[PDB]
Amino acid sequence: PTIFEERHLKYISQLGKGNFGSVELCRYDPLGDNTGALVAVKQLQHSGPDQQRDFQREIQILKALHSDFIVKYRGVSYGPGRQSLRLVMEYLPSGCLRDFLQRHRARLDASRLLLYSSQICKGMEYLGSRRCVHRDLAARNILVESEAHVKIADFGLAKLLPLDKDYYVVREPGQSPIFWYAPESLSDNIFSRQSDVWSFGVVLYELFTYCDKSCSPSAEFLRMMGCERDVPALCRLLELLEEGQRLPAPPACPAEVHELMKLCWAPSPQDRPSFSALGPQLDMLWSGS
Ligand SMILES: C[C@H]1CN(C(=O)CC#N)[C@]12CCN(c1ncnc3[nH]ccc13)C2
């Protein structure tokens, strides 16, 4: 089905929350005999008309995307009175990549991490071909379909580029993931496929740190930033990035991967590699392990 009856979506548990949305595990059980399939259902919480209109666009974006590396749209569910719109997606029980890395570091090696990186990259290349900027590319928004298959799986901040420009200025309520954001996103609120490339470099750092919280992007940058009176956190972050400071090479991270990170973190967006150019290099590295 593409329209799911709200009364047949049986709530099981929370799967996650981010920005202004929440995703819940539900069994779509039309017969009520508890035989239906599990689905992931996203909805808004503490949201006004602005966020509701944004959520409708999020649905239309995900509905239009068709990639082995992008979570599958299944349909929508309209609450009573068509007042609480819900987005129904395939449920990937292995969960998000961040949690997966923190649980299974011992049995994951560089080749497997490079495979994930390659698949994320191909997903992002596809998004770019649809003129879609993700704006929230991070390990917490990647799902594990299987041991050797990941998917980009949250689009709460995603935007479609205008037809006349390859960038988009976005100023919206909520806390930004500033430690994944390129300098032009931090300062000018500009987002593009090349600002996503910056975030992808941070994702590479996350994967080869196994999303260890002690050396996460926030922990690392916050140590570099320090704390100065009348110097807001955003300014200190912009300052250290302009000075050339970057997240460090994760221990045991292959030198080639660290080089790619640094290229993704070029100061100016036009100087960063495209996802189309990163892909073949990641495939080569995964073939060399
Ligand atoms: C991808 C991350 C981001 N997030 C949020 O909930 C963020 C918000 N709001 C999840 C946590 C785990 N999630 C899922 N887990 C299993 N299958 C799934 N299918 C569709 C989604 C989904 C979603």
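In chain A, numbers come from the PDB entry; the residues present are 814-1102, in order. Header says: X-ray crystallography, 2.0 Å. Side-chain atoms are counted along with the backbone in the values below, which use heavy atoms only and exclude waters and symmetry mates. When a ligand or atom number is given, it counts from 1 through the structure's own listing order.
Looking only at contacts, the largest set of contacts to ligand 1 comes from what UniProt names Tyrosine-protein kinase JAK3. The name recorded for the drug at ligand 1 is delgocitinib.
Within delgocitinib, counting atoms from 1 as listed, the ones closer than 4.0 Å to a heavy atom of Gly834 are 8 (C), 9 (N).
With ligand atoms numbered from 1 in the order given, delgocitinib contributes 9 (N) to contacts under 4.0 Å with heavy atoms of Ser835.
With a heavy-atom cut-off of 4.0 Å, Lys830 touches delgocitinib through its backbone alone. Closest protein heavy atom to atom 8 (C) of delgocitinib: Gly831 N, 3.2 Å. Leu905 O, 3.3 Å is the protein heavy atom nearest to atom 16 (C) of delgocitinib. Of all the atoms in delgocitinib, the ones that sit under 4.0 Å from a non-hydrogen atom of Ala853 are 18 (C), 19 (N), 20 (C), 21 (C), 22 (C). Residues of chain A contacting delgocitinib are mostly from the UniProt domain Protein kinase 2. Contact analysis leaves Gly908 out of contact with delgocitinib, as no non-hydrogen atom separation drops below 4.0 angstrom. In terms of protein heavy atoms, atom 4 (N) of delgocitinib is closest to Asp967 OD1, 4.3 Å. Here the heavy atom of the protein found nearest to atom 18 (C) of delgocitinib is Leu956 CD1, 3.3 Å. The closest UniProt active-site residue in chain A to delgocitinib, going by heavy-atom distance rounded to 1 Å, is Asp949, 7 Å.
According to UniProt's ATP-binding annotation of chain A, the residues with a heavy atom under 4.0 Å from delgocitinib are as follows: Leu828, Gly829, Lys830, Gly831, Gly834, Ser835, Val836, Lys855. Of the protein's heavy atoms, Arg953 O, 3.3 Å lies nearest to atom 2 (C) of delgocitinib.
Remark: minimum distance from atom 19 (N) of delgocitinib to any protein heavy atom is reached at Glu903 O, 2.6 Å.
Of all protein heavy atoms, the one closest to atom 12 (C) of delgocitinib is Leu828 O, 3.6 Å. Within the listing of delgocitinib, atoms 5 (C), 6 (O), 11 (C) sit less than 4.0 angstrom from a heavy atom of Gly829.
The organism that the entry gives for chain A is Homo sapiens. For atom 10 (C) of delgocitinib, the nearest protein heavy atom lies 4.0 Å or farther away. The binding site of delgocitinib, defined by non-hydrogen atoms within 4.0 Å, is formed by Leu828, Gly829, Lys830, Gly831, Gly834, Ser835, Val836, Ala853, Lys855, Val884, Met902, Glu903, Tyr904, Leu905, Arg953, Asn954, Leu956, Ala966, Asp967.
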Using a 3.5 Å cut-off on N/O to N/O, what pairs does delgocitinib make with the protein? A line per pair would be great.
residue	atom	partner	partner atom	Å
delgocitinib	6 (O)	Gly829	O	3.3
delgocitinib	6 (O)	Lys830	N	3.4
delgocitinib	9 (N)	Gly831	N	3.2
delgocitinib	9 (N)	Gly834	O	3.0
delgocitinib	9 (N)	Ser835	N	3.4
delgocitinib	17 (N)	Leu905	N	2.9
delgocitinib	19 (N)	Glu903	O	2.6

